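Here's Fusion glycoprotein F0 with sisunatovir bound to it.
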Amino acid sequence: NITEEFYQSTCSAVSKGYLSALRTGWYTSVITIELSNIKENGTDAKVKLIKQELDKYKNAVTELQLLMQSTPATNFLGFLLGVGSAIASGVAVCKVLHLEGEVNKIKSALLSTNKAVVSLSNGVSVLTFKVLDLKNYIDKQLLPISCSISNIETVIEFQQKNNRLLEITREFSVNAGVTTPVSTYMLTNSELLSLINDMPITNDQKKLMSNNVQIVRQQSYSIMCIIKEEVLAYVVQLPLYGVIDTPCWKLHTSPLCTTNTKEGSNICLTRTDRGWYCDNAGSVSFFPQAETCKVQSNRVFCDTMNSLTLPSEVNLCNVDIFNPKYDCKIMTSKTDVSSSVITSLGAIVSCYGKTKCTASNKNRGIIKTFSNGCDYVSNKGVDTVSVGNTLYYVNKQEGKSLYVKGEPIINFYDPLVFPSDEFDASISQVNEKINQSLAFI
Amino acid sequence: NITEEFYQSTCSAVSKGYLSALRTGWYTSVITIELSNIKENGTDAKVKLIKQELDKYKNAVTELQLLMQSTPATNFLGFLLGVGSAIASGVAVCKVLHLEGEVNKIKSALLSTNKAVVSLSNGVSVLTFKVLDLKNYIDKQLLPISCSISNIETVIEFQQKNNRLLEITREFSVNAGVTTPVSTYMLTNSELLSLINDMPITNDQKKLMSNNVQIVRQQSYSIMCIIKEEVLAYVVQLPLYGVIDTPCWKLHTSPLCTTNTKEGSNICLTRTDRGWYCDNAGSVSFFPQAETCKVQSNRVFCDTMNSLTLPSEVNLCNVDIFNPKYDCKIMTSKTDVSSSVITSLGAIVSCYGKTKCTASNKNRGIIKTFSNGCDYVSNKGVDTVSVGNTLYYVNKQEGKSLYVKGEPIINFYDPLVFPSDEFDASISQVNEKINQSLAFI
Amino acid sequence: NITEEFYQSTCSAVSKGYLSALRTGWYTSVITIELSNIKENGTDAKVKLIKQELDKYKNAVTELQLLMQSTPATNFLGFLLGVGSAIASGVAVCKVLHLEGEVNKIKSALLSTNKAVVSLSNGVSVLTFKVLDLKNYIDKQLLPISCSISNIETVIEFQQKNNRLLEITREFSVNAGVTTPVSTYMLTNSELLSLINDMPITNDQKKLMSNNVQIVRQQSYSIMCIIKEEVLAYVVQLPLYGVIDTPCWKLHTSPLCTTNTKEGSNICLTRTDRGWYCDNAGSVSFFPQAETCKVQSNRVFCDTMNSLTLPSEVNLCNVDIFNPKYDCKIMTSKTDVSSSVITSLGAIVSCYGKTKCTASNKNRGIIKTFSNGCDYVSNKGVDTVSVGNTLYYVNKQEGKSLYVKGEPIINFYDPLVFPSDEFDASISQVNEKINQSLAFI
Ligand SMILES: NCc1ccc2c(c1)nc(CN1C(=O)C3(CC3)c3ccc(F)cc31)n2CCCC(F)(F)F
């Protein structure tokens, strides 16, 4: 049940009714591919193709080890975020895989099975998985072949069993050994689902991760790890969703300006706290770059690494931007340029100057003509909005919007003492500089 | 015919002579792949490869339907842009494809042909296309085979007919069901050209889209839609070029500073209205992030979603930044750091402090040494420019440049009342704060 | 040997002990694929697959020539950077490849060999390489076949020799003819190593490029060039590392604020000169967007195109932000929001207001609770840090950190005349505006 409210006073709008799925942690699993260690050794069509396909395989392994000479690594209010190192946990697991006893502990565990939990040197209890077993395939098939007795049906199956290794080597070659999203060459869809189900989390988390496999992939890393003792290992680091099903809402803001006819005499004001907001642990997790969050249906997947933690009182700026409990961030300027923001259920139109702004329908064209100022229209009955030479399609998801009539707060400011060009400001910072210019006049 | 003009007064330069191709709208087509619906059912080399290849095919379909549990969705002056939702129109078409009568209307239309126009439930008249027909290939070939009579020539063709489905499933698995650019696994080059030619637009638009297929791809989305009644459907959303062949020009700006020898006593000023500009409908479409526009030869492909609509008088800032009709956006600072901007036909050099700035040639090395200030050099006779430890190659496209001698407007400002650290400012906003500090002294 | 120092006075930290590898230039090589020029010409299983595979090949060539109708092109303090055009040098080489005598000079040189140096029309002496030779493979095999005598072993090898051409055509189709990173479909790992070794540079540069092939790929471009006289040519533009093994260090900064209990009465200050720093030619190459630099082990790969050149005295801001030789860039605000930055060897915590900030260990959970202010913890003994609802993993690379006790310089400022909302400012710019408000009171 999605709903929306537009605040004419502050030229902003909130879509609510969403449910959270915030990545709060990481699970590191160790994916392995058992490798054949052969020295190369007549000519004809069918195993000259095999000699070709295997040189592809040895080259894949020698470029992987060449690739692993160094430890793996990777590269409005968004500037306020901290700075994490996404794969630090995965790199930590991969580091202990280099210790002597460690590589063969894993080799041992998956001799009898393909999925097993291993508790490693430093206490980490990871899930390991053997996804391809080239070594016995090669040993028990290719190795037997003095070099000429074979048939084309095996050339083809060798090409297919090997192709996955070739394509993994590939991804890592153009990614300096860290890929994201994680592909099914790293982890097939059934391999991932199975790893998810074997992951010791709640069954709620299992159902959620299983129902949005495409999202789990986009939020995972595949870290190229080690090649040692005929086992190829790379860590797949998967999201932990520690916050599930808390309320979420998306705040859209657009510039609110005066509309005087003498151009350049106008003052503008924009709320800068736009982004995604989700209740989380008694505070509000705020995501200023609303493009980092993936939305599926009414579920919002976000990464706390890209969040600020705010008092829940931040929600007060939507009904009363002048509330005494929280100082609402705004920016100011004199640049009154037209534009529109396409909300979940409608469109905010900031129309200024000589700009043409309309909203139209599929069959009839124009049904509303916005006059100067900041206005809003619901996506019921409206298919497109135009501001200047820019046509915007509105989202056609169903849900009810609500227009909250109020006086534009830009009117409360005297233009001759209004501080223009303020960015990371707030209602109270603007008032304090107004009182200082008013005293000195 | 490309030309360039450098304005020494404002340390900026304009390349002109380009032609526009602005994406103004979207065309939504429905691409379909007919699927075989079989229950799986002796062992030997050749159809154990077929049993392998088909399990790949059923897994491809079940992960696609698993993927489609939720409705599809996706993620100086650039901050001034509005906010669209790129695939809103495609998602709207895909939504009506879920209605009962809709899926089989398409199934019906392409029983006799591969390309057909269908008018859908809500009045949308889309082009639909059947690009692969696995169902009859499987039914009329694989289905007949008690499970062992076959030959290797069919294993291979099955692998190839199926591979496209495997690779489409693929793209959608790492992209949460929306890909861009659109690949020829989604739409082969001949499929796209044919869809373009069958698209009811002008023949001018057809020739343009046909001559820049690589660009159309980068500006399209492929939206994974529905799997229902043995038909796999995904919407391909293509650009509409409503503005073609209007004048375009690119504005390059660099910081203009005073050059006093006591370091820190300098004041700088930078025009912030850099980007692409194209005449469009009596206004000027302005693109502040000049990297969103693709340029092929002298044609500029841009997306109005990333544009502001400005009065054509914005062009006045290039000959007279002090003109009374338009208030030209500048930023100010005291940070005089050296740098260079590589224009279409030359290079702007902002050289300040103790920085070394030169321009060299292939055979002779250095031919010009820039002194402190803001200067420019044409790409005729010059192959590289160096500012500090940074070597810049200049573009070698041919065209004539013109050096417009003028006094650097930074000289007109008194440093003791100059407002530093202003960003979204203008000539008139800077003057109004100068008059206020001058009154209070 | 990595070390780190945290300056409590300015809430920042420097990791040092790294070695540079700065891309200073470009080497342009010409990669070629000899093509067969055939007119197409009974039906059965095995060469209906060949007629299929070859139509894939002719379509690949006609879409490549269609693609080449236009000349190739491509798209805190980071705003201070200049603006280069990355592929200008490659495009210049590709342009002279269109001149009449040029294409056949290359055709000539590699008739007897696969790798040869050619000196071109304008004096450029490039390395050219023939990586695939479809023409003689087709001519001496496929051409002989009236259209039915063949066997499946050749269908398969044709599919494999051709696949590389198909996949190159591919990359260029979704990239408008310029790809980066460069793949081994463009340049196999042994082809690249060999091209690197045949490149006339120092053996130091050869060893470095050979030991980080994955990095060279990420820093290279593949520019689709020309199809003319049965030769397909695309330029691969590779990095030149003119600066090697100079000291590097990474500066991390976080906001430093007062901690008064009346919320909103606080003033903050953040050093804005964070990024990578490497000694280079007597100045310091400064990289403000620290994500453009790839780090392998203790080697830092960077691109001078994304650098500023600063006086080496910029290093003075780390021991004495008030030093008289260099004016240290800071920003100011009143927005005291909590966050943490994860350094190479520890974590900076800026904890303000009612935020919970801790640092924990694998086995014991919480071991430190940060109080309001800006603090730091080393990664020895600590595995994670939490600030609000955000969990950060710290890097587990080994190295020693050093905590430099000092008084937070935010205390030296009187809050009633502190200029908030300054961004591109400096210690001296802040003091000069303080003296102006203090005079007028
Ligand atoms: N502590 C006060 C403070 C905080 C942040 C500030 C600032 C002052 N001034 C700027 C410069 N600025 C911009 O970047 C934009 C978004 C385009 C803009 C819009 C209007 C405006 F008035 C200024 C700005 N920023 C942001 C730097 C962001 C970067 F670091 F990521 F670049």
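Residue numbers begin at 1 in each chain, while the letters A, B, ... track the order of the sequences. Any value given below was found using the heavy atoms of this structure, including those in side chains, with hydrogens, waters and symmetry copies removed. Both ligands and their constituent atoms are indexed starting at 1 by order of listing. Method on record in the header is X-ray crystallography, 2.9 Å.
By chain letter, those with a heavy atom nearer than 4.0 Å to sisunatovir are A, B, C. With non-hydrogen distances under 4.0 Å, the site around sisunatovir consists of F79(A), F423(A), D424(A), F79(B), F423(B), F76(C), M331(C), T332(C), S333(C), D421(C), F423(C).
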